[PDB]
Visitor: 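Structure with ponatinib, see below.
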Amino acid sequence: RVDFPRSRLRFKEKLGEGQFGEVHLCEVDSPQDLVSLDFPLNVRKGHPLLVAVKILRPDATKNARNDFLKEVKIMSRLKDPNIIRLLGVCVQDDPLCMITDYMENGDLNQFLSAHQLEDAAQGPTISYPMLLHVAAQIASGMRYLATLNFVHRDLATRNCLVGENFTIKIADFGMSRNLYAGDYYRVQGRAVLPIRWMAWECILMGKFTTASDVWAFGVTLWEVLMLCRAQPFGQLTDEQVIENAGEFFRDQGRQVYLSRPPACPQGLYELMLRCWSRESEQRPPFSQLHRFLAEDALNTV
Ligand SMILES: Cc1ccc(C(=O)Nc2ccc(CN3CCN(C)CC3)c(C(F)(F)F)c2)cc1C#Cc1cnc2cccnn12
Ligand SMILES: Cc1ccc(C(=O)Nc2ccc(CN3CCN(C)CC3)c(C(F)(F)F)c2)cc1C#Cc1cnc2cccnn12
């Protein structure tokens, strides 16, 4: 438990900005000097060590600082191939920083927007099996979060990151990266919520659980199979999305569901529909979602 040396973080560019600070892409100066029990980092000789750095504005309120430190504690526990990894912190003096691995292909929404489905769309291709592999990795990371008794609360392709060889890491940007403002609705005062990804019980009663994470996974998987080309419920206004949550509650058959993506087979679609069951206990666990995507869907190509 010692700070990473801030003087070794060499700025390259801004990855995001928000009310309370920024995210920077940095290079670690001569990273081999640091390798030890205290910092057992992975350096590849001949390859720069790139890292992402979340930084709190030095004039932040005391409550903002407590938020940042709480996030540090959470991140310090996360150790999984499909979750973003904490490499070090700077917290003994200001500005507070947290340092993670850098995912070189950006967020999953950006990534998939730039791809087309393997045979006018443009750019590099991505196959249907590769899309199942992207989704399986998200289910695997979420399964791990759930076993540690964490609820994500904002699962969407915008909070997933892409590294080498189609590797996905779940992340959560909170207010550090004010992209995608069009995905959040202002329900009260200064509070904005990702209503198009939220289970009806989240919207009506502010109840967030692994089962509402499963509901958001359904929507995220719909995004993946659509190659991020369309907003969920894009035919409906925000106020109509809220009304739709009310119809899940009323349960009289007026509720509407996201349509089957063209690249989605009927069984996978029926699994997505189960993610949107009215009753929490009827939604599939992430173990079952992962298995379906890694086995069933693959064996029936
Ligand atoms: C510097 C940095 C700091 C922090 C985080 C961050 O993701 N923190 C986080 C906090 C909590 C949770 C879990 N909880 C969620 C809430 N929940 C209520 C409790 C459970 C998780 C999660 F991944 F587990 F979800 C992540 C990401 C970055 C980044 C970066 C980066 C790296 N490559 C790139 C390339 C382009 C852009 N950015 N970027
Ligand atoms: C129509 C409608 C529109 C908007 C909102 C709304 O603003 N919901 C809201 C959800 C969550 C949060 C955030 N949370 C985080 C964690 N926390 C532990 C709970 C707070 C907030 C926030 F404002 F606090 F951000 C608001 C609610 C309704 C409703 C309803 C309702 C309730 N029972 C019934 C029965 C029949 C019909 N409707 N209905």
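The residue numbers of chain A are those assigned by the PDB entry, with the residues present covering 602-720, 732-913 sequentially. When reading the values below, keep in mind they use all heavy atoms of this one structure, side chains included, and skip hydrogens, waters and symmetry mates. Read the numbers this way: they start at 1 and go in the same order the structure lists the ligands and their atoms.
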Visitor: Which chain is the largest contributor of contacts with ponatinib (ligand 2) here, and what is it called in UniProt?
Guide: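 Most contacts go to Epithelial discoidin domain-containing receptor 1.
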Visitor: I need the source organism for chain A from the PDB entry - what is it?
Guide: Homo sapiens
Visitor: Between the candidates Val799, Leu816, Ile854, which shows the shortest non-hydrogen contact distance to atom 39 (N) of ponatinib (ligand 2)?
Guide: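 The option holding the nearest heavy atom is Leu816.
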Visitor: Hey, looking at atom 14 (N) of ponatinib (ligand 2), which of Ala857, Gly818, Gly858 has the closest heavy atom?
Guide: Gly818
Visitor: I'm looking at ponatinib (ligand 2) in this structure - which UniProt domain of chain A has most of the contacts?
Guide: Protein kinase
Visitor: What atoms of ponatinib (ligand 2) come closer than 4.0 angstrom to any heavy atom of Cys814?
Guide: 10 (C), 11 (C)
